[PDB]
Visitor: 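Below: one structure in structure tokens.
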Amino acid sequence: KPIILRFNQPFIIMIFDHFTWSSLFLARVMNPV
Amino acid sequence: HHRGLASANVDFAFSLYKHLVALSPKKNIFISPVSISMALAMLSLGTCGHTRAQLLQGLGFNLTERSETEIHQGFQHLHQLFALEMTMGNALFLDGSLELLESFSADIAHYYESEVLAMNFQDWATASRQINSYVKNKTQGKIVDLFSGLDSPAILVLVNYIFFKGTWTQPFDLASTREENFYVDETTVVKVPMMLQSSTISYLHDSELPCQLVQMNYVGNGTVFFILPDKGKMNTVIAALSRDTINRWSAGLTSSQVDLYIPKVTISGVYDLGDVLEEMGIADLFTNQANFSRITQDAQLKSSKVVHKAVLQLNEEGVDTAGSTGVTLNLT
Ligand SMILES: CC(=O)[C@H]1CC[C@H]2[C@@H]3CCC4=CC(=O)CC[C@]4(C)[C@H]3CC[C@]12C
């Protein structure tokens, strides 16, 4: 039975370069629109 | 050279983010840490004394274990590696009344491959519009109006830009996208385009922290963590953000069948990072005591502003993001 995961509340995005491990982008999404 | 300053830059990244978050209760935050790090590292090339040491330490570097040279070579190797699509670049906009020291020009060319563009800052309205035009092109239209005309004057402006286009290895289903409730808080609910995919995804319900997370790749080297803290637990999770936590998450993540609902996101941050950088220890740079004596021979400079703009467009195909950091300097 599949896990249901809804990003319908404040969440965090972290974007990394796997090669250098750089933190490219960091987000706190309180309101996506 | 790959990972030499990962630990420092990521520490700086998390730190800056945590400070930014504490100084704004309810707003979206979006930043490019690597752009801020590269901008400030370049700026340190013109610094001396307490100003220099304080800035490099605030950027996460231990100066007793790695030289200034090693740090700049690391940023050079980073820059080479970046410059489906990723681009990163540095520019220096200079007043005609300012003769740069040769060794400074040599260093920014060597380590940061900076463009050097001679402008007339007497008309800030035109100068700022020109610099803005430059950043807009370099970020393929994503970052506009980086500088205001409201801003103070300047004699010298340093700019970093970053642009990134990632394609999900696992795209969302365009036919499944629909309006759903987004609970901003207990009382505030908005309508948002919510994407779906049902597939094998790296998932972890954290046992040590009140959150679940997934990890997703882009074609090529990019990867992304989406972290959903439990109702009202955002700040708890944020406080735990660290390289160590990412390592523990990375060990815990398991391929699982997940119905994954993630909204389309379009957000953009605009920051004056002065206050925050001072909270992080980087202070003398903004005062009359600033030591910029590696830039020119006989002018006393200080930083007036560090600005940062970042934009995120997230959809079913992937991510379109850009960032840019500006530092203005003027005569004290
Ligand atoms: C294996 C993997 O997915 C990579 C992608 C991003 C990587 C992390 C990026 C940030 C990072 C910086 C460090 O200096 C220590 C290791 C870590 C914490 C990395 C561990 C391995 C990760 C999680």
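A, B, C, ... go to the sequence lines in the order they are written. Note that chain A is numbered according to the PDB entry, with residues 351-383 shown in order. By the numbers in the PDB entry, the shown part of chain B spans 13-95, 101-349. Each ligand, and each atom within it, is numbered from 1 in the order the structure gives. Both backbone and side-chain heavy atoms feed into the values below; hydrogens, waters and symmetry mates do not.
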Visitor: Hey, which chain has the most contacts with ligand 1 here? Just the name UniProt gives it.
Guide: Corticosteroid-binding globulin
Visitor: What is at ligand 1, out of cilastatin, ampicillin, progesterone, desloratadine?
Guide: progesterone
Visitor: I'd love to know which other chains sit under 4.0 Å from progesterone, counting non-hydrogen atoms.
Guide: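 The other chains in heavy-atom contact are A, B.
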Visitor: Out of all atoms in progesterone, which are within 4.0 Å of some heavy atom of B/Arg260? Include the element for each.
Guide: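 In order of numbering, the contacting atoms are 12 (C), 13 (C), 14 (O), 15 (C), 18 (C).
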Visitor: Taking 4.0 angstrom as the limit and counting only heavy atoms of B/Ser19, give me the atoms of progesterone inside it, by number and element.
Guide: 14 (O)
Visitor: Would you kindly specify which portion of A/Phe366 sits under 4.0 Å from progesterone, judged on non-hydrogen atoms: side chain, backbone, both or neither?
Guide: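 The answer is the side chain of A/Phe366.
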Visitor: Return the PDB molecule name for chain B, nothing more.
Guide: corticosteroid-binding globulin
Visitor: Any idea which residue and atom the entry shows joined by a covalent bond to progesterone? Or none?
Guide: none
Visitor: May I ask you to list the atoms of progesterone that are less than 4.0 angstrom from any heavy atom of B/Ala18?
Guide: 14 (O)
Visitor: Which organism does the PDB entry associate with chain A as its source?
Guide: Homo sapiens
Visitor: Which of the atoms of progesterone are close to B/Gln232, meaning less than 4.0 Å from one of its heavy atoms?
Guide: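 Selected atoms, number and element: 3 (O).
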Visitor: Heavy atoms under 4.0 Å from progesterone: which residues of other chains qualify?
Guide: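 The heavy-atom binding site is A/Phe366, A/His368, A/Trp371, B/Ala18, B/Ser19, B/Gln232, B/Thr240, B/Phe242, B/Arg260, B/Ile263, B/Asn264, B/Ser267.
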